[PDB]
Every structure is written in structure tokens, then in C-alpha cells.
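Summary heading: complex between dihydrotestosterone and Androgen receptor.
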Amino acid sequence: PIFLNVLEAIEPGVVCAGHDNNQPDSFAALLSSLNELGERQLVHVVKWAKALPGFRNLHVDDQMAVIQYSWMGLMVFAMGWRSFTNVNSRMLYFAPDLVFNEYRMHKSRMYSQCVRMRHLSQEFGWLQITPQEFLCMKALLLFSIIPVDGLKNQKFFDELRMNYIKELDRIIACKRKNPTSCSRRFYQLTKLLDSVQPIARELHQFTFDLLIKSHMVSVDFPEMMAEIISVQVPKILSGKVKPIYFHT
Amino acid sequence: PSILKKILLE
Ligand SMILES: C[C@]12CCC(=O)C[C@@H]1CC[C@@H]1[C@@H]2CC[C@]2(C)[C@@H](O)CC[C@@H]12
């Protein structure tokens, strides 16, 4: 199971948000920390992504594009996984030192988006997602959103995507006899991956609005963050870059 | 970008 050996071997480690719990919760403090966390996890993503099977085959420019357009959905997915394995999707485990309880969910002014994130978190349990399905599914997320015109080398991006889809397909097909369960498992998981997009765009909208008035609410933005939210996110929000859905 | 780009072509 070479492909799996690789995914498991290159999975990023535990990342701390550097949040000062001793401080009273406050919109600015919570968001400033999520943005710092966002900036840190972004580093691991780039290293994780580049060590992916057949990834460096993509034109160096499409490597930036895909990473830049899909980090939100990737980070939200993993985070939903950490939540599920730690605080059992009861709360939201963004980082070891930044766990969201109902109070903080309301305090950050994103309770609505958090409710949907926690739902996703529960899905891992309800659907009994295995550690292997999670990894193949999360790889797929990286290839799940592109510009409507196409990347530098679109022909090749689609190839890589096909292979990753075929992998998630084998992961299910292994340890499973006959064929309606497989066919059924594949339907549930592609539906799960789809449900990630709607949540992602909500956060894109939220963070963009946030950055614009950041200096009014005292919320800090790291440099790659403030950079990506105004140079790549705007094109997702304006319909230039679009998610690739499995189902209609 | 510029800081992102560097982490990649790295
Ligand atoms: C991706 C992060 C940070 C990494 C993670 O575990 C998921 C979480 C989802 C909400 C994001 C946050 C990064 C900073 C954002 C984008 C805030 O600006 C508003 C929404 C926040």
C-alpha cells in the first residue's frame, strides 16, 4: 500500500496557535490567534502538499494556485478530524492551546460557521470514517478547487486528480466484499467532501470582510494571511475560482 | 505571492 504509506508518513504534526488562554476571551484575541494559527498551519500545508505523490509534476505555478485556493477547506477538514478524535466533536479543537467551547464560538462572532464545522466534525463519527479514508479524502481536497479558465497545465492537474480519486476508491474497496457497500461508501464520502466546500466559502467570506475592517476591530493578520485573503480569496468570492463538486 | 512563493521554491 505504497500510496497510503506515504500519506501516513507525511501527515503534519501537532501545531499550536500560541494562544494566551489566561487572557479574557475577546473577539480580537480569538481571531488574531486563529489568524496566527492559520499562518502556522499554512507552512505545514505547503511542506505536506509538496511531498504528495506526483505533486511536483504540476507546473510550479499551479502548485501555488491549488495550495492558495484550497487551504481553507483543507485546514477546516483536518481540524474537524482533530475535534472528532480529541474532544469527540463536542467542541472545536483548532489547536491544543485553542479549543472552542460554546462560549468562544459565540464570542468570535462566528457561531453559525462553527455550528456547521462541528456538524462536519460529527460526520466523521456518524460515518465511521477510518484514519485511512480521512487521509485519502483530505488529499483530494487539495485538488478540489480551481480557476474557471484553467491552470497553466490543466491537462495534467486533471490527471493527478483522477489518480487521487482512484485511490480513495481503492481504500474503500480494500477490506470490503461484494459491491453495494463499496458503491455506497463511495457515495457517502464524496458527499462528505462536497459538504466541505459550502463551509469553506463561508469562512472565505467571513475572513475577507474581517481583513477589510481588521484595523477597526484590532484584529491582527499575519503577512501571508493578509496577502492570500486579498489576492486569492477575492477571486473565489467573485466567481473566478470555483470548487469542483462530485455531485450536483 | 512573496514569502509563500519562497517556502515552495524551497
Ligand atoms: C483555517 C483556521 C485555522 C486552522 C484551523 O484549524 C481551521 C480554522 C477555520 C477558521 C479560520 C482559521 C484561520 C483564520 C480565519 C480565516 C479567520 O480570519 C476567519 C476564519 C478563520
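Every chain is numbered from 1, with letters handed out A, B, ... down the list of sequences. Looking at the header, which is where the method is noted, we find X-ray crystallography, 2.6 Å. Excluded from the calculations below are hydrogen atoms, water molecules and symmetry mates; all remaining heavy atoms, backbone and side chain alike, are included. One-based numbering, in listed order, for ligands and for the atoms of each.
- At a heavy-atom cut-off of 4.0 Å, other chains contacting dihydrotestosterone (ligand 1): A.
- Atoms of dihydrotestosterone (ligand 1) found under 4.0 Å from any heavy atom of A:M72, numbered from 1 in the order shown, are 16 (C).
- Atom 2 (C) of dihydrotestosterone (ligand 1) is not flagged as protein-proximal [any protein heavy atom, distance under 4.0 Å].
- Within dihydrotestosterone (ligand 1), counting atoms from 1 as listed, the ones closer than 4.0 Å to a heavy atom of A:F206 are 19 (C).
- Dihydrotestosterone (ligand 1) lies less than 4.0 angstrom from a heavy atom belonging to A:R82.
- Chain A: most residues in contact with dihydrotestosterone (ligand 1) are in UniProt domain NR LBD.
- Distance screen at 4.0 Å: atom 21 (C) of dihydrotestosterone (ligand 1) has no protein heavy-atom neighbour inside the cut-off.
- In chain A, UniProt 17beta-hydroxy-5alpha-androstan-3-one-binding residues less than 4.0 Å from dihydrotestosterone (ligand 1) by heavy-atom distance: A:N35, A:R82, A:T207.
- For dihydrotestosterone (ligand 1), the heavy-atom contacts closer than 4.0 Å come from A:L31, A:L34, A:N35, A:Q41, A:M72, A:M75, A:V76, A:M79, A:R82, A:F94, A:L203, A:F206, A:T207, A:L210.
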